[PDB]
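Here is the structure we will look at, set down as structure tokens.
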Protein chains: 2
Amino acid sequence: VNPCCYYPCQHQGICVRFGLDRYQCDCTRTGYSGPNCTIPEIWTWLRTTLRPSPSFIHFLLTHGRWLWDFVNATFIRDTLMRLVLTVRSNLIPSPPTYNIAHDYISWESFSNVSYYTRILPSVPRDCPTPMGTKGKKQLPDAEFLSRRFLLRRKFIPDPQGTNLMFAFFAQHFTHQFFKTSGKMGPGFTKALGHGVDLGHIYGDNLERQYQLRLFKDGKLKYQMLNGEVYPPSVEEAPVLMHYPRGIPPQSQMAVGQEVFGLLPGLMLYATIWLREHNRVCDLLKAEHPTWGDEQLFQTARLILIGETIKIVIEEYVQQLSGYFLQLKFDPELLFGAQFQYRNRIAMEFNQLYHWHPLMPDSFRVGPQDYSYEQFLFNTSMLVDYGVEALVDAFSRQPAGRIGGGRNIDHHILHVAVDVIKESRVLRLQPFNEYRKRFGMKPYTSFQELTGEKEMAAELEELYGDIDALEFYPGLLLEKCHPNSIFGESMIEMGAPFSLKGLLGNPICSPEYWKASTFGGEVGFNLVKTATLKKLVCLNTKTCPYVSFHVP
Amino acid sequence: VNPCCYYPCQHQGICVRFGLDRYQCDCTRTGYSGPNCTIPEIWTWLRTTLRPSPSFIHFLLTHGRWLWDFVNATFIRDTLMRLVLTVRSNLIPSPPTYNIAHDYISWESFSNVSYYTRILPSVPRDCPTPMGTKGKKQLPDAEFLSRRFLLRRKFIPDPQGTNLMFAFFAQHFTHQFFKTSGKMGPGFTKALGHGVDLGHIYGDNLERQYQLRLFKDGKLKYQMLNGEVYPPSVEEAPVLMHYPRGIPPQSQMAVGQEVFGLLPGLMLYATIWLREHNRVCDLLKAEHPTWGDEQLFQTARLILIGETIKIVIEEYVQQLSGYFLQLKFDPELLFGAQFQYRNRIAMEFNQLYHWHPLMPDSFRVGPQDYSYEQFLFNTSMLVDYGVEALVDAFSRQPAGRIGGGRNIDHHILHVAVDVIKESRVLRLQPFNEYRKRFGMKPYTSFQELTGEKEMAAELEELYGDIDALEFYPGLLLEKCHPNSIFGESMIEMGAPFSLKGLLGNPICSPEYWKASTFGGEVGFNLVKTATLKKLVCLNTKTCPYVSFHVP
Ligand code: HEM
Ligand code: HEM
Ligand SMILES: *[C@@H]1O[C@H](CO)[C@@H](O[C@@H]2O[C@H](CO)[C@@H](O)[C@H](O)[C@H]2NC(C)=O)[C@H](O)[C@H]1NC(C)=O
Ligand SMILES: *[C@@H]1O[C@H](CO)[C@@H](O[C@@H]2O[C@H](CO)[C@@H](O)[C@H](O)[C@H]2NC(C)=O)[C@H](O)[C@H]1NC(C)=O
Ligand SMILES: CCCCCCCCO[C@@H]1O[C@H](CO)[C@@H](O)[C@H](O)[C@H]1O
Ligand SMILES: CCCCCCCCO[C@@H]1O[C@H](CO)[C@@H](O)[C@H](O)[C@H]1O
Ligand SMILES: *[C@@H]1O[C@H](CO)[C@@H](O)[C@H](O)[C@H]1NC(C)=O
Ligand SMILES: *[C@@H]1O[C@H](CO)[C@@H](O)[C@H](O)[C@H]1NC(C)=O
Ligand SMILES: *[C@@H]1O[C@H](CO)[C@@H](O)[C@H](O)[C@H]1NC(C)=O
Ligand SMILES: *[C@@H]1O[C@H](CO)[C@@H](O)[C@H](O)[C@H]1NC(C)=O
Ligand SMILES: O=C(O)c1ccccc1O
Ligand SMILES: O=C(O)c1ccccc1O
């Protein structure tokens, strides 16, 4: 039996098989010694014995508004902000390690970027069970598993007050790096940027960019409807889009992210960001009359990437975390650390970001309450209503609790079923293993995972061992932090993926974080001072209620 | 007139144009303040006032064998070795900056790797002269310039004792990252690895790899001739090669670097390294009976990359530098520094590596003395003679002095003419500017550059201003260090390009420099203990004189 199936090596040691039987754990720089990397070093032991519970830390970061307000106003902010950054980022490896194709480091894994990387090698195809050593020889029927525990019965709204504006933002945003290759199979991605390259705006390939490009003042092609700016028509800018057959080019918006074409929510943001890139071009042109198209274009894109990363950290992540510490985007807090300004999308991080439970039961656009059947492909709602309008709406309606269970609207429940299946193809290791890998202690019972006894009892008969509970179901079915949108593992496993993928962008490097990179103090400030509100409102005839938090 | 043409911004400040006229220098983190980044900071001034002449340093590193021997045996070795590494690496920017297409940072420059990057933006196409502000309005006719100063009259051998074994090594080696795209124009490269990916052995693209692959024990296809191993035939492994029309597949060796097909020197090494990869596979298979093709293949490639980087630093660079300090390859000397494990090939670094003057007047293979006319495409010399034989030969014959002037054999003189021309297309800035950029003070006269008065006088009438002397000619025509293969600028500008491109490989990162990456302590040591001699001799029936230094 493959010894590595027993996941022998601890604390990130590497299981290497030898001989027919045998295996050896590589505990290089692990912090532990021993045959399974279990015997700590004085400092390592001392370090972990004092490491305060993730739960505790969370508690602190969410209480004492008063105390925190003071802190946010002292230097201690940056101090912490930096600390968070560093310690968080360390769990994610760089350079990348393994891929769907290699549970080893190989030059090809490091070079071929069509692959999504992974943090934990697959459960060896020669293990006795589909999870390794424990559990049933067959896993719960996803359809069922999804219908029994992820299927929304009564809408549970997210307590943080996360509204639709955030739900759509998160969607649209994450759809620039999660873009699994259809024809290539799972574990392959079309987004070769692996990060925030704003490729869903400019196109995932050069040709497609040139298509959406106006080639005048560095602008992106667009069109006027009701004397307002929207993306161009597929007719105008002949790019490939995904619209149900029967919808004509003249009625399709060309945009950069083929899929975005079906959900006014997506196209809404796609219009704001287009509008923005065009506006920035005009600014640049003022300062640089001597500038050319590309120079302008290229520079604008650099600025937006800046805007995007700021809004994402200070407004988005703030909301999602509910922390009282005011997060801050300042790539200089890292100029002292040993950070690698590079990022590669993890298949695990893709699963984890399947926050479908945010989606509501019905989409209320004022007195009007639309159905999925009226939302899902409506090629007119955007133009009809207008940016400002829809923004106000989405800003007001709440999105559902993410973690917790049974909160995924049936219209998109299939997605989650597919996620489970896909996971298995990827031979993803067990939830409990990942619990460890990301600093946590594994669950000892289904009753501990979920906060209750009922479904914890069924999962038990279903899976057979907490040590066999899968990644995604484990993430979605774990008990939620007091009044949080989700629980411990979501944060403890997601945050590193998130923060490494945000600071590890070439523009956060000391090399590019020069004001010249952005066209001067002008462009630079745009980056240094972005706001979700400024984003919408400067590109709309009238500023509505804009916020990730429902009023 | 474009103000940036005057190269106003000092010490790496960035010239940004503004308004029709105007310009502003971005001295962010430059070390200087001021309108042109000229007013130092106390520490910066203090730092440069003590910075000992590069010449001095060189002197020290080349005398006192006695004193050095002691030092090489103390910890002080590592100490220095590390220092060299860090301080050297800093001149090369990471992430990369500009490209043939953009004299600005642009996401596209950071993403599109078909581009060779550059350290210094081009001389703006709107400047009054082809070099900016100084010099003639037309540059010296390359053909002439090459015939008057680079054309060998009497062979000057390199004093360091560099032989042909080194000349060919350097050639073959550098032909894995210098691989300019024919159909794409200058400034475009086919080697998307930008470093030591050993792509000239395994192929520059996946398909081509699979072609040269045997798919058994992780081996590379090969063939037997005289009961000895050589690469396979183009017939056997149908890969694309470059052989004059009329040479049949059955008579062509398939190898990985299409061009290598024409020069027994290249194919000689290509055979050694193939032989090696196959041998390592056998080792791996012993330890890992349970291993598969890919696992074996992939792992072997990782080990060779290791071997290659060791031989390159400790034997190759040692010889080429003539230092008494014993250089050392230990990626851990960097685990403390803030280094970025990534590398991108500089167009400037490509020019600089055009060491054609190494090539002899005639190739002596024992009593036999062959002509270029008998060497240049001889599809049999290798098989005829045998690895061991040719190795001994090349190890004994000396190669010419690189720097100095008039030492390029006429058979390949065209190459240098083309280099000059190509430079101009790239609109490469002036030698003197690069002198500064890499820490040096610019030459004040042609007589100072060259050690003499004669040709210094002609270059003067030719160029018109030392401030107009071009990159390559300036490198090749500058006065050689006492008994060195070349002068100051070659080392001061080449070493950083070299050392950053050697340590900035993902395997030198603390993430991959685990013994598990190489299949265990076995593979690991292969890397940790490589020798040019071990390389040849373990793959040959008999060990000959092998060395980069002529006996
Ligand atoms: C009207 C609402 C939405 C619909 C109809 C929807 C549907 C889908 C579908 C069908 C897929 C493809 C996999 C499959 O075949 O099941 C997908 C993938 C995914 N969705 Fe959504 N989704 C919605 C909202 C969201 C939101 C709000 C987010 C952001 C949390 C999100 C995150 C993801 C992610 C990250 C993937 C993976 C994409 C990839 O790897 O290519 N989705 N979604
Ligand atoms: C029999 C000896 C050699 C011949 C016939 C030769 C010839 C050439 C030729 C023709 C090119 C293409 C450019 C052109 O059209 O002129 C080339 C490029 C170059 N050679 Fe050689 N060379 C020889 C030895 C060397 C050696 C010893 C080195 C190593 C120092 C070297 C380094 C280079 C470099 C780096 C390039 C640029 C390649 C690229 O960018 O694609 N060559 N050589
Ligand atoms: C990246 O890796 C994938 C898988 O190794 C490569 O895709 C396959 O490549 C082989 C050889 O060309 C083909 O037989 C397959 O049909 C390819 N497609 C898929 C979906 O597997 C891909 O070519 C690699 N890309 C690079 C640039 O190396
Ligand atoms: C890398 O950059 C080069 C130049 O920008 C791209 O090559 C050109 O791309 C355009 C659009 O496809 C074509 O019109 C040219 O014919 C292409 N070839 C050359 C030699 O310029 C190249 O496509 C880019 N590669 C990527 C992956 O972005
Ligand atoms: C108020 C104190 C702020 C400290 C900020 C540290 C950021 C959170 O750090 C996280 O802590 C977890 C629990 O120790 C670990 O498991 C994670 O690896 C780590 O990223
Ligand atoms: C015996 C002393 C060894 C010192 C090793 C330092 C490595 C050489 O360092 C070089 O020195 C040059 C001159 O100062 C600078 O111009 C270069 O930028 C730097 O890389
Ligand atoms: C190492 O791990 C294996 C598998 O979990 C176990 O059987 C073995 O006893 C462990 N050895 C030690 C010393 O912990
Ligand atoms: C599309 O939405 C509009 C409002 O924007 C609504 O009037 C119309 O009926 C919808 N069409 C469909 C097919 O749902
Ligand atoms: C800045 O540089 C320009 C161009 O070399 C020069 O004309 C100008 O006088 C300089 N200004 C200062 C203060 O050095
Ligand atoms: C090729 O080299 C061999 C020796 O290896 C020599 O005998 C033969 O004449 C050469 N052929 C050519 C065309 O130079
Ligand atoms: O810093 C965090 O804890 C965090 C948590 C969730 C999402 C983003 C984050 O930065
Ligand atoms: O360290 C150096 O000075 C050096 C010089 C030339 C070539 C390689 C090198 O490492």
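First the proteins, then the strands, lettered A, B, ... as listed; each starts at 1. Just so it is clear, the values below take in all heavy atoms, side chains as well, and ignore hydrogens, waters and symmetry mates. When a ligand or atom number is given, it counts from 1 through the structure's own listing order.
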**OP:** Look at ligand 11 and name the drug there.
**Re:** salicylic acid
Original post:
What is the name, according to the PDB entry, of the chain making the most contacts with salicylic acid (ligand 11)?
Top reply: prostaglandin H2 synthase-1
Subject >> Other chains near salicylic acid (ligand 11) (non-hydrogen, under 4.0 Å) >> reply: A
Original post:
Taking heavy atoms and a cut-off of 4.0 Å, what residues surround salicylic acid (ligand 11)?
Top reply: A/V84, A/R88, A/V317, A/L320, A/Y323, A/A495, A/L499
Subject >> Organism in the entry for chain A >> reply: Ovis aries
